[PDB]
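Here is a PDB entry that includes dasatinib.
All residue numbers in this chain count up from 1 along the given sequence. Note that ligands are numbered from 1 as they come in the structure, with each ligand's atoms numbered from 1 the same way. Heavy atoms only: backbone and side chains are in, while hydrogens, waters and symmetry mates are out.
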Amino acid sequence: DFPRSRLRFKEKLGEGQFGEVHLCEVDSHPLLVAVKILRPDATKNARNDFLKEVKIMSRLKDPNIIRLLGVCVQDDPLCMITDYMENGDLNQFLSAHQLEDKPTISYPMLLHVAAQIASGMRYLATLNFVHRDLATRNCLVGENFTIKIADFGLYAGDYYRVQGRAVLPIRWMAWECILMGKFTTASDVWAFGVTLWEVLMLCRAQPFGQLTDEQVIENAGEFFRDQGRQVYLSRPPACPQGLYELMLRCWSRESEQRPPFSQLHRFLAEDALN
Ligand SMILES: Cc1nc(Nc2ncc(C(=O)Nc3c(C)cccc3Cl)s2)cc(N2CCN(CCO)CC2)n1
């Protein structure tokens with residue numbers, strides 16, 4: 001596990017903080033995989049983060065979570081190998097589709113997309129694993145509208161950057177994450193609510209897109225104060241009222257009032273059809 005010389009590099013797919021992903025072919029006719037390797041400018045800190053991500057990823061084994069197929073971590077150079085998800089991230093994919101009138105996507109397909117994210121998150125919750133950056137940009141799309149959640153690191157405007165602070169996806173963040181940096185399964189539910197809003201919007205608009213970062217942060221202060229001045233994402237045109245109410249439960253002020261992923265999954269697979 002795994003002979004590096006079996007890998008044939010084809011195209012660079014993307015790039016993050018301590019790694020670079022490439023499309024590769026495996027001889028082992030044409031098997032495609034995604035391969036993450038260190039960036040050319042990698043430091044010893046990047047090598048350490050890459051080894052950790054290997055450890056984190058090795059534990060995740062579910063149909064709707066990206067799966068580690070293999071590793072080069074013994075003799076150099078370091079590599080991580082996953083399924084190649086041929087349709088890219090879900091944000092770009094939904095951006096290229098329009099909702100069916102009466103490349104298109106049906107409303108029941110939007111539900112099926114959301115249900116797969118909810119099942120993936122259901123699995124993470126059983127492991128008490130907190131994702132901290134659930135969004136359509138961190139979901140990958142395979143064949144037959146198969147969704148795998150990644151942890152994935154472009155979408156610069158989706159993160160609030162202050163020097164010397166962690167980079168924060170504030171528009172997906174529960175009011176208590178913004179005010180206190182506390183991330184829990186309950187805050188992943190709130191982000192799931194925002195992710196479901198993105199799916200039903202077909203990624204046509206940034207969440208709170210007409211509000212500044214500072215207004216989004218002061219809106220978290222309004223959830224805290226609980227004086228009826230907090231503001232929510234509006235109902236997407238493709239979204240019925242019943243499904244909108246489910247998004248609103250994800251954005252309950254009280255963390256314990258937010259539905260668990262098992263309930264969100266049931267609703268989107270079953271109740272949402274009626
Ligand atoms: C950014 C991107 N990724 C794609 N597929 C991937 N599969 C798996 C990926 C991945 O990163 N694995 C991974 C690894 C290896 C280690 C740790 C963690 C992880 Cl999650 S990335 C396809 C794609 N394209 C598809 C075709 N589009 C046509 C548009 O018109 C263009 C864009 N673009």
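Lab note: main contact partner of dasatinib (ligand 1) (name per the PDB entry) = Epithelial discoidin domain-containing receptor 1. The protein atom (non-hydrogen) at minimum distance from atom 1 (C) of dasatinib (ligand 1) is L13 O, 3.6 Å. For chain A, the UniProt ATP-binding residues having a heavy atom under 4.0 Å from dasatinib (ligand 1) consist of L13, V21, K36. Protein non-hydrogen atoms do not reach within 4.0 Å of atom 29 (C) of dasatinib (ligand 1).
The nearest UniProt-listed active-site residue of chain A with respect to dasatinib (ligand 1), heavy-atom distance given to 1 Å, is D133, 11 Å.
The nearest non-hydrogen atom to atom 5 (N) of dasatinib (ligand 1), considering only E15, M85, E53, comes from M85.
In terms of protein heavy-atom proximity, atom 31 (C) of dasatinib (ligand 1) is nearest to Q92 OE1, 4.9 Å. Of all UniProt domains in chain A, the one holding most residues touching dasatinib (ligand 1) is Protein kinase.
For atom 19 (C) of dasatinib (ligand 1), the candidate residues are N138, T82, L140, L69; the nearest heavy-atom contact is made by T82. Close approach of dasatinib (ligand 1) to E86 (heavy-atom distance below 4.0 Å) involves ligand atoms 25 (C), 26 (C).
Atom numbering of dasatinib (ligand 1) starts at 1 in the shown order; those under 4.0 Å from a heavy atom of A150 are 20 (Cl). Here is the list of dasatinib (ligand 1) atoms found below 4.0 Å of a heavy atom in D83: 7 (N), 8 (C). Protein heavy atoms are found less than 4.0 angstrom from atom 7 (N) of dasatinib (ligand 1). At least one heavy atom of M57 sits closer than 4.0 Å to an atom of dasatinib (ligand 1). Under 4.0 Å from dasatinib (ligand 1), not a single heavy atom of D89 appears.
The protein heavy-atom contact nearest to atom 23 (C) of dasatinib (ligand 1) is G88 CA, 3.5 Å. In the vicinity of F152, heavy-atom distances shorter than 4.0 Å reach the dasatinib (ligand 1) atoms 11 (O), 20 (Cl).
At 4.0 Å, heavy atom to atom, the residues around dasatinib (ligand 1) are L13, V21, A34, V35, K36, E53, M57, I66, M80, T82, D83, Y84, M85, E86, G88, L140, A150, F152.
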